[PDB]
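First up is the structure itself, then whatever we jot down about it.
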Number of protein chains: 2
Amino acid sequence: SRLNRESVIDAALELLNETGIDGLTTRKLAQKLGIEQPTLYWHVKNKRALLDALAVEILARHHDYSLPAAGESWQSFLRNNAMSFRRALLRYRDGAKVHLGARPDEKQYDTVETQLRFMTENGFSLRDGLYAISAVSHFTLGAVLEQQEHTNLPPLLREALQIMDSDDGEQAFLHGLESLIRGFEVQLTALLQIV
Amino acid sequence: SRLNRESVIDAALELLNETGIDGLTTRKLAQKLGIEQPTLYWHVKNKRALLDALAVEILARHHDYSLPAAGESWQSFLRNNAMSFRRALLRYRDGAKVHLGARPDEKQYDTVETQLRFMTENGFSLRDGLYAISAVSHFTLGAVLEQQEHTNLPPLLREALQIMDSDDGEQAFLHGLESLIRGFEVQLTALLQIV
Ligand SMILES: CN(C)c1ccc(O)c2c1C[C@H]1C[C@H]3[C@H](N(C)C)C(O)=C(C(N)=O)C(=O)[C@@]3(O)C(O)=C1C2=O
Ligand SMILES: CN(C)c1ccc(O)c2c1C[C@H]1C[C@H]3[C@H](N(C)C)C(O)=C(C(N)=O)C(=O)[C@@]3(O)C(O)=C1C2=O
Ligand SMILES: [Cl-]
Ligand SMILES: [Cl-]
Ligand SMILES: [Cl-]
Ligand SMILES: [Cl-]
Ligand SMILES: [Cl-]
Ligand SMILES: [Cl-]
Ligand SMILES: [Cl-]
Ligand SMILES: [Cl-]
Ligand SMILES: [Mg+2]
Ligand SMILES: [Mg+2]
């Protein structure tokens, strides 16, 4: 098949949905592409190189709300941004593990920079804006990994689980997301006051 | 060596700190114990069985704040509980991945039940208390995985990272933790009012 970057990644993602991350190997990627292992190696040095690239391509391809709209609030941008991240991470099997393992890369540097600047433009110190972004990010990754990694008992526990299972974990994600955004707001608002 | 449960786990944890989760195999556990693979298999059917057990033993051994103190608030219990979880997950290499992969097990059912009941006793609906517990849990896991899985650029990004690196990610963890607890409080407090 074609072994340009885009084609190698198409096939690696397609494989990831077949095998998950633990089973994704270069050997199996080579078979999928109908090529010998040493041909693939010209293109893809190892699995870590492969994963590094998938993590970025997944976000470039499906993470539509990297940047805020003109006039958008930081409440609404962190909302939309976190929702876009969750969806892009769920679109591929072990998506959040492929994300976790990778390097916030040169090509996304300007995305994350814009975000840190955006947050500083609406009244966050750098410090408190990076904490806001890292918490959203850590909350969203953790919920998505649980959703993905789950792939007689006491009553509350029985009912709680039954309820978590009702939907994908989206209601529990969006609820905690609102708590997190408001917590940030209550902090930002108070300034030097004891809160 | 001894192949009682406690001894098998001691050696598996010791191995996990040597290899991490990806390198932990039953074959290597057998070598570490000085036993043949089929002797180990009598004791430990596979890696998934092994991981299931480590995840639980890690919490039984080092997660000291499963349950709240007499008189403690739900703000302070979720604080202490999340801090105990983070520490227990960091005590072993890829601790959060060993946690993620496992089954909230019969032996911890009563711990998590007590917690769901505790939260309902201080004015949460079951629904809103499970969302509170799952968000703490998802936030803490995600921060711990990032801390663990991280194992020239634009300025804000440069300074932000420099700052994240200053400590282990504990300041960013404890800051987001306070936002999350307050977000919950603002929700719980309002009742039927628009907030
Ligand atoms: C530098 N900054 C404070 C941190 C701290 C800890 C982290 O674990 C991370 C960042 C940058 C953030 C930006 C977040 C952003 N958002 C809050 C989800 C985000 O939208 C993107 C993005 N490329 O669009 C990420 O790279 C991102 O998912 C990400 O992977 C990050 C990340 O992994
Ligand atoms: C049932 N409940 C709402 C959920 C939902 C999603 C989850 O991803 C989980 C739970 C139970 C929670 C309890 C939390 C608790 N805490 C909020 C951190 C906790 O202290 C424990 C514990 N055994 O002490 C967990 O099992 C726990 O870490 C855990 O692993 C959970 C977990 O994985
Ligand atoms: Cl072709
Ligand atoms: Cl080609
Ligand atoms: Cl290309
Ligand atoms: Cl491989
Ligand atoms: Cl002995
Ligand atoms: Cl023995
Ligand atoms: Cl024993
Ligand atoms: Cl194995
Ligand atoms: Mg990331
Ligand atoms: Mg858990």
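In what follows, chains are A, B, ... by sequence order, proteins preceding strands, each numbered from 1. Worth knowing before you read on, the calculation uses all heavy atoms, side chains too, and leaves out hydrogens, waters and symmetry mates. Atoms within a ligand are numbered from 1 in the order they appear, just like the ligands themselves.
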Which pharmaceutical agent is found at ligand 1, per the PDB annotation?
minocycline
Help me with this one: what macromolecule has the most contacts with minocycline (ligand 1), named as in UniProt?
Tetracycline repressor protein class D
Which other chains have one or more heavy atoms under 4.0 Å from any atom of minocycline (ligand 1)?
A, B
Can you tell me if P104(A) has a non-hydrogen atom under 4.0 Å from minocycline (ligand 1)?
no
Who's the nearest protein heavy-atom neighbour of atom 32 (C) of minocycline (ligand 1), and how far?
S137(A) OG, 3.6 Å
Would you mind listing which atoms of minocycline (ligand 1) come within a distance below 4.0 Å of any non-hydrogen atom of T111(A)?
22 (C), 23 (N), 24 (O)
If the cut-off is 4.0 Å to any non-hydrogen atom of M164(B), which atoms of minocycline (ligand 1) fall inside it?
5 (C), 6 (C)
Which Mg(2+)-binding residues that UniProt annotates in chain A are found with a heavy atom under 4.0 Å from minocycline (ligand 1)?
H99(A)
Point out the residues of chain A that UniProt assigns to tetracycline binding and that have a heavy atom under 4.0 Å from minocycline (ligand 1).
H63(A), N81(A)
Numbered atoms and elements of minocycline (ligand 1) in range of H63(A), under 4.0 angstrom, heavy atoms:
19 (C), 20 (O), 21 (C), 22 (C), 24 (O)
Is any N or O atom of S134(A), backbone or side chain, closer than 3.5 Å to an N or O atom of minocycline (ligand 1)?
no
In terms of residue, atom name and distance, what is the protein heavy atom nearest to atom 15 (C) of minocycline (ligand 1)?
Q115(A) OE1, 3.2 Å
Sub-3.5 Å N/O-N/O distance, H138(A) and minocycline (ligand 1):
yes
Any protein heavy atom nearer than 4.0 Å to atom 17 (C) of minocycline (ligand 1)
yes
What other ligands and ions have an atom less than 4.0 Å from minocycline (ligand 1)?
ligand 11 (magnesium ion)
In the PDB record, what organism appears as the source of chain A?
Escherichia coli
With a cut-off of 4.0 Å on heavy-atom distances, which residues and nucleotides contact minocycline (ligand 1)?
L59(A), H63(A), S66(A), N81(A), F85(A), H99(A), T111(A), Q115(A), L130(A), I133(A), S134(A), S137(A), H138(A), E146(B), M164(B)
